[PDB]
Chemist: 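Before anything else, here's the structure in question.
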Amino acid sequence: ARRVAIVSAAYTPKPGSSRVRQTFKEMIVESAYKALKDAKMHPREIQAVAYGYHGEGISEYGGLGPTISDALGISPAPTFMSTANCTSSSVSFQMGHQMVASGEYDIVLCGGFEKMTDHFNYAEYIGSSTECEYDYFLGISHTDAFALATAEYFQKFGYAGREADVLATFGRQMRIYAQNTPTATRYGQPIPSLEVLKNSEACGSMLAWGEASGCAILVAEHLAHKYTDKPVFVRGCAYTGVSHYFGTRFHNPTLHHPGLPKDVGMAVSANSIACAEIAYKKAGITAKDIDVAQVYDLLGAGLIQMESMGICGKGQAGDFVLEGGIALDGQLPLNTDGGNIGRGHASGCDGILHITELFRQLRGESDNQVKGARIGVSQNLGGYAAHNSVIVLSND
Amino acid sequence: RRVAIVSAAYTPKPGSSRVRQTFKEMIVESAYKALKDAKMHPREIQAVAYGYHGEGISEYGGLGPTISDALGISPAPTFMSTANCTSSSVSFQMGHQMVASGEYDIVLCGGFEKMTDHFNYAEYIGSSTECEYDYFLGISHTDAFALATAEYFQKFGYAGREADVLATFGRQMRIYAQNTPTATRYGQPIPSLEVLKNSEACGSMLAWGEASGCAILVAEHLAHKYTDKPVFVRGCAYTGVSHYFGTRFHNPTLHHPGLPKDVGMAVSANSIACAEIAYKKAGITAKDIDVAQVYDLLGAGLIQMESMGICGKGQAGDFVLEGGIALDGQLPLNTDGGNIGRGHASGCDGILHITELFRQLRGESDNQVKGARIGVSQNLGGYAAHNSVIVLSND
Amino acid sequence: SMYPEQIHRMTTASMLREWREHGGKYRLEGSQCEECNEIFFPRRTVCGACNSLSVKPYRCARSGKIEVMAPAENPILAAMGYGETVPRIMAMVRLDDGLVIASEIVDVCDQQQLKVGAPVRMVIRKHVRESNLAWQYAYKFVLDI
Amino acid sequence: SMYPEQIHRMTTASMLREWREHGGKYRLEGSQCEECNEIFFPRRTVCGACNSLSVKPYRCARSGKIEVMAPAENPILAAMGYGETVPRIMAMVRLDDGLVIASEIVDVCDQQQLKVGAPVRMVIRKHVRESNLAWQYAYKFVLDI
Amino acid sequence: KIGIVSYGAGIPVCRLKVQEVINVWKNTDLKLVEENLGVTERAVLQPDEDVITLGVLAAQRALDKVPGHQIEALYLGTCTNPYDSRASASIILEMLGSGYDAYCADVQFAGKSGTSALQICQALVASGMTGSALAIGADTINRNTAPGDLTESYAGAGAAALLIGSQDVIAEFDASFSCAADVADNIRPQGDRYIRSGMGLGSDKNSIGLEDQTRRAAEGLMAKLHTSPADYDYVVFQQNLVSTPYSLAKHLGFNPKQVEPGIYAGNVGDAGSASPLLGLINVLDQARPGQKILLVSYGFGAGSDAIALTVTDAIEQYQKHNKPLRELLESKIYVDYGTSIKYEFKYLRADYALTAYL
Amino acid sequence: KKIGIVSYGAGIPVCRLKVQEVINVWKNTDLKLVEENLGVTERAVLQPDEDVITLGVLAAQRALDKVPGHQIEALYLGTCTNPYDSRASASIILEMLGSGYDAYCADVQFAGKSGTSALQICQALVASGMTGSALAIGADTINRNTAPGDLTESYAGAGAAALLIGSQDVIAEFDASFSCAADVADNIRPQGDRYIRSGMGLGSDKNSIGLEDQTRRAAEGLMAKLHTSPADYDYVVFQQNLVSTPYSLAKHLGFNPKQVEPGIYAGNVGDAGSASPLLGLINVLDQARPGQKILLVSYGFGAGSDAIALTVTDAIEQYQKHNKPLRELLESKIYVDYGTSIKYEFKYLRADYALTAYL
Amino acid sequence: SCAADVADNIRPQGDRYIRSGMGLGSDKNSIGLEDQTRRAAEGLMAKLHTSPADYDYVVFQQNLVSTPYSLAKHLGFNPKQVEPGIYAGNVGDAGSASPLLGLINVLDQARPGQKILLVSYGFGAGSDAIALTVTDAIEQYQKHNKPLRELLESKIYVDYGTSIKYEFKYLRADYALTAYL
Ligand SMILES: Oc1cc(O)cc(O)c1
Ligand SMILES: [Zn+2]
Ligand SMILES: [Zn+2]
């Protein structure tokens, strides 16, 4: 039960931009060897790796563990794989933390990647990670769930007449964060006006698809002094899983948790509340301790996560976003690197993208820096809350 | 801290197909049978480490939460492992770290393979290599083992005894499986040696089937509530090497001291390295081993016994010919019948090894090694692309 | 076509998958527990609430109302076999027995009639063709008006 | 066919995969490290021995000897696109530079000449057709006498 | 006393105005098709509809009148069958979930497949081999009609299911008479998607096939029953067009009052095997007890089925709570010719589709 | 009065192709497996000028020749390899027989059980008194609709059988029947496809979900209706795509091999499709004595099954006194190589539009 | 070079098989094979002011072994000028390679200074005529070279069933579930 610290974290820049020239093996080496350089450590010093991608159906490449190890040239160091939608990296990070905390491995590398251009149309493939017999094979995409989830939230929480404004305000705030973050895909672009964003596609809340690989180096606490001046520790993390089927959100007898709201729906993610409550208790903090956070953003799905994370009351996330509360001077800065709207989004690499910005935030290195930040939390979901990962990081 | 296995079970006759039940039903069967053996309620599980070949078989991806909901343990997390034949071997090592880290006290570890959901599962198998330079070129895993067998017998002067060695190894699996109730080849008559030499693959061909298996890992101090005789984990090692079959002969990427200069397919450099790391971690040498489990297919069993340190380079054939892997032999091998007799589901194979060793260390195996205090599982994925060595002792 | 050269395909679906799911997709069959009478859909082997192995097939209510709906008009997200009909009306249907089914609404005679909470009934329709050339049939929902 | 209904297919290969691998598959290009002068195949970004990112492409020797061979005669293990030629002769080819390639032998004019250590040369042949309808060509080996 | 216990129908909602087809192809006169033939619009099959989809709907609607019915026999009558080997009636039986132990087969004889299957079910119940039986006549003529064909403007689809039993009969089965011959007026060889004509469309083609077999079957049944056209309150013919029953009536000695109740295809078109059965439904929907009905259907490659019915007094209690066929035909969606060709998969698209729009 | 089979006739192609000829070309299966376990040493080849209607009318005419001056009241053709997808092929055979125009006519299709399904329909017509007699035909050209290189190509054949149901001079009484069905797409052919396709890999797993289940359900269902056990019946007749299949089903259902052997015929014919259960009944009827009880159970994929029980009447002795046995008809055979067989059955990929015969 | 619109053999777009515009025979040869070949050869010789007797070797289209000899007899070339170029006795119609493969077999035995006349025929219809002179460098070239004839000795025999199978001439399923299903 020893402490684990993050000595380094890096990912390929512009994750919302495709990297059609390099193979996924080239892409993975790039992010890892840049992170190893930051930690002043040799690649041979890694004793094992926990990596993650969507599944063998994209690049038609299965059992990827040994190929990753050989690609990095750390053979015979093992590589542990995780295939869990957008939380593939978040689960790979949690796996690596358990590998170092167990004392079986002293230095581990945890990352995720998504090389979507290897598939002709990657958007059709995505649905293969659900209750495929009753949704994928029926023509139900993952984007459908987020579209319906956004609809139920606005409709049952009295946001009629303000739906376009809330989505555009969140999307605009993501552009503002991403304009000055050099690793963001929307970096350097002008900020569209609020009225322009409401007329754009998905009212400005559509994410930027792309490709990226990222990784973070975890080391035992006593070994951390050799590799980093300012280490970031892991207070606590939780991972939870419920049925992939979208219908079970409203009716979930399998899920067992206390205090869950009676009116569970797509707008009120029951699994997301459970995962947050487990992680907070395990990390020894309440929601009032978070100085900066990172959530999965797509249409109104960001609003649902803020309420499940305890940032604001049920039905209040929209008004919170409208009041500039997730701005840098707002009550809680949210997705300070630009999020999936501005930074970009690769499903396999999403978890590391969250840790990296939180990692930079707790070391004062973020481009939009929360003054005196001590606690950083990453909220991530796979599928539609079928997976859910909440990770808590502190700087001291 | 120490972890102990309180129960381990798998669906019977893994070499025979279960076309009537879905893979969810199949996973639940082994899981809830294992819970009954350990006198523990299903809601007591805090996390799961399961494994399957890949999302391409049943077209089911992101399987973690589906497993948790299938078992009815939500919101308990399920950590997925997709690493060829060692999917269960890798997943067991994942659960060991979850319990040893202290983040979870009770963890269920297993694997499954539902091959009948794919029209032709065999042609899909190659999807887990260096796909661009073997899968897309028509080179399957089965091609690798056939070549490796050919190099072994040819490099070590076994010419003229190849059919005898494979049939002697194959027939020993048939004899072991006949009295093992859960084996697929259970209760069948023993074919003659000469009949096996003229049969397909000289009698060393394994039995393709489907099965789900699982084993319960618990922290040492909690183990006494669930079982009277727990089995501990001395040490485990996992190693990764290039999927490409040509790299066995020439692999400067693999950095491990003391490797023989004649590395090839007949001498697995990765399997030697993995065995040495596990033996050091468990604090035991090869002479300590009382019973073992290998991935048996063609002559791949012979190569694995040598890489495991049981016999010198080239002795396995003569070792098997001298009846060494028999119950009265110096070291019994695959006492449940192995892949030839018990059967094999690729994702489920790691638990199939652990269950027999788990049963052997508790004196419960049908072909029982008297006084076995240690058991070792050798498992490989691809052609030694993965290699997993887990050491279990009862003291 | 004219050159019968086999084309590479990783995954070919066996008839067994849909064969086991004929009850679920054709007749909207879920599962009900014998101890606590809790109902689920899709079918499951283990009860969720009381965690009993004793679970039996259950015919879900074929009538229901729309809990939430969202049109699918984006051509980038058009899936093979479903690109002919634009736009597809995705909706979560709260059946009469309380269960919620994720499906789509078809045969919208009156655009004004379709709204949140409108009554619908289950129908059987054609879906994407199987990888083994067999026609796939499964449920959809139409407005019950 | 005469009914142009889309048929389900989970994976459709992008042309990018084979495009980046033309050097490896058409020209048998591996990788050579500049600092320590070690060569590998297939191509790689990181050198294995010295761990330097300074790596360059390398044209492997297209001649070699048969290190080990095994016929593939089993129809159960026949793969799509490769079922027309029976039996396919699988072989590990030790190139003249010391590297080992896994491929097959074709155009066996004299059966007696096919034995271990026989000299072979690389040739370009047609392989399984791509998921994107593009023909696929890659290397094979024939006896070099 | 064995006859029809209940019935149900299935119609596609999408409609294509006849003028749309003429403006593209310009292959026939609009006045002739609208006024002489009597079809102003036809039903368009959606991408997710076929014989089984419409068929199981009509079957489910018939069985909903008899709750908890156990299926003892199910015969699917169709010439546009989705499977050339294996029976689709097995799939419909599975979808109904009313039991597996049942007589099941696919009956096919062009437009008389629906009635021919009705004769099967009648024989099973009358012979005591089953206690009840389900007959389904369905066809997707629009799917199997080539673009540019003269009959494209009025090719439609539909399904009709009638449950035969001895308990609570609403229309008795008095007797039947059937005939056949080798008259290749319309043929679809094996493997062909589209039904083709054996000769030019016209009165000459109707006299040798449609009118010949219909007259022989109708006469054959009437002579067996010693009845004349004046004894029947309604007559129901094959109804590929609205003109066909009226034209057949004048040829057979029936008055227009006897045909009009069966006319339904003004906005549907050629429904294939279902047209004689859908016409019977439109008649049974407003019939009074005691009235006599004569149904004669025509299937090409020719033969004909003649069936005589008597409406029982139980028809009153049946119609009290039921939706008539005329009301079902009110629900319609309109599409242009471009959409109709896309829905019915009549664009020449690539054999192997990489993505849906590529 | 008792209603049952009055006469029967069969039509089988004369061309034969040794199984070894197919294996040598494709090398896709073990020769010992097909010849010894499966029991097919050679299969029937379809000439260019014969098909379902050719064999059907030949089988139909041969049965009507036993009853001179007969008038056809109903004719049903049961086949899954139908030459016409629209219009009834049975109407053509009716015209060819020239025994009457006024007859109940249709095409019945349900895979291998189309023959018995048509037999059941003819029985219902006569027993219900809707007709005085009825003619049922089970025919198929499986070899024509089996692709080259298919695993089942080596034992794919063709054949036709016809049975006359009547109430006068019955040689085999129709006691009772039982049928079941389900959606089990073990083998399927969609509309427009020429070749029958499999739903999964061949094996005992594929057999257990379709062939074994539907045959068992139908058999046990019928025997429970009559309250009889396997020991009551003198002969049993199953689907006979392979010689192994009737034996395997008997072992599964509890019939000793002696009840199966009289029905075996397809050692040199291969899979005869819808005619295989009827052809097996014909070889039984050629040698049966009066009083013997016959149990016939058929199988059609996309699965359903038909079970029918018969009793042999005293008229059988007069019938076979001047009759050509099917076994005698199976001796007439012409052998072709694989090249000719592919040419005869139109399996060469030839030009869509042919200017001349060889151009 | 010369050309015209003579549809003696055509393959329309989307057709796999080459089709004949008329029945095979000497009449079909005169309007296409014989006309265009004569026109191109006579046109070239008139440009070079040479006669058939000046060339040591002549190379024609070699769909068949008979075609160059018959064309030579027609155009006035004695057999010895043709025989060196013949190779297709065991190959068949090699298509576009037949004039080039004939030249290779000639160059394998040619001496410096010898004159070669190559006239090829492509249906549809057209003919290309090319005249060559052998340089002194051929002697050095042939010192280390595998001749065409030696390469043509390597062959593997198959029956008709396999040949049809190898070339995908069986009418198989459009969509193949497995290799043999
Ligand atoms: O698995 C995924 C789900 C989703 O909604 C988006 C995406 O890019 C991947
Ligand atoms: Zn319960
Ligand atoms: Zn180097």
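Each chain gets a letter, A, B and so on, in the order its sequence line appears, and its residues count up from 1. This depiction is restricted to one part of the PDB entry, and every contact reported falls within that part. All values below were derived from every heavy atom in this structure, side-chain atoms included, with hydrogens, water molecules and symmetry-related copies excluded. Each ligand, and each atom within it, is numbered from 1 in the order the structure gives.
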Chemist: Please pick one of salicylic acid, desflurane, propylthiouracil, phloroglucinol as the drug found at ligand 1.
Modeler: phloroglucinol
Chemist: What does the PDB entry call the chain that holds phloroglucinol with the greatest number of close contacts?
Modeler: 2,4-diacetylphloroglucinol biosynthesis protein PhlC
Chemist: From which other chains does some heavy atom lie less than 4.0 Å from phloroglucinol?
Modeler: A
Chemist: I'm curious which residues sit within 4.0 Å of phloroglucinol, going by heavy atoms - can you tell me?
Modeler: A:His54, A:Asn85, A:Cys86, A:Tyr122, A:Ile126, A:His142, A:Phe146, A:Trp209, A:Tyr296, A:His345, A:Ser347
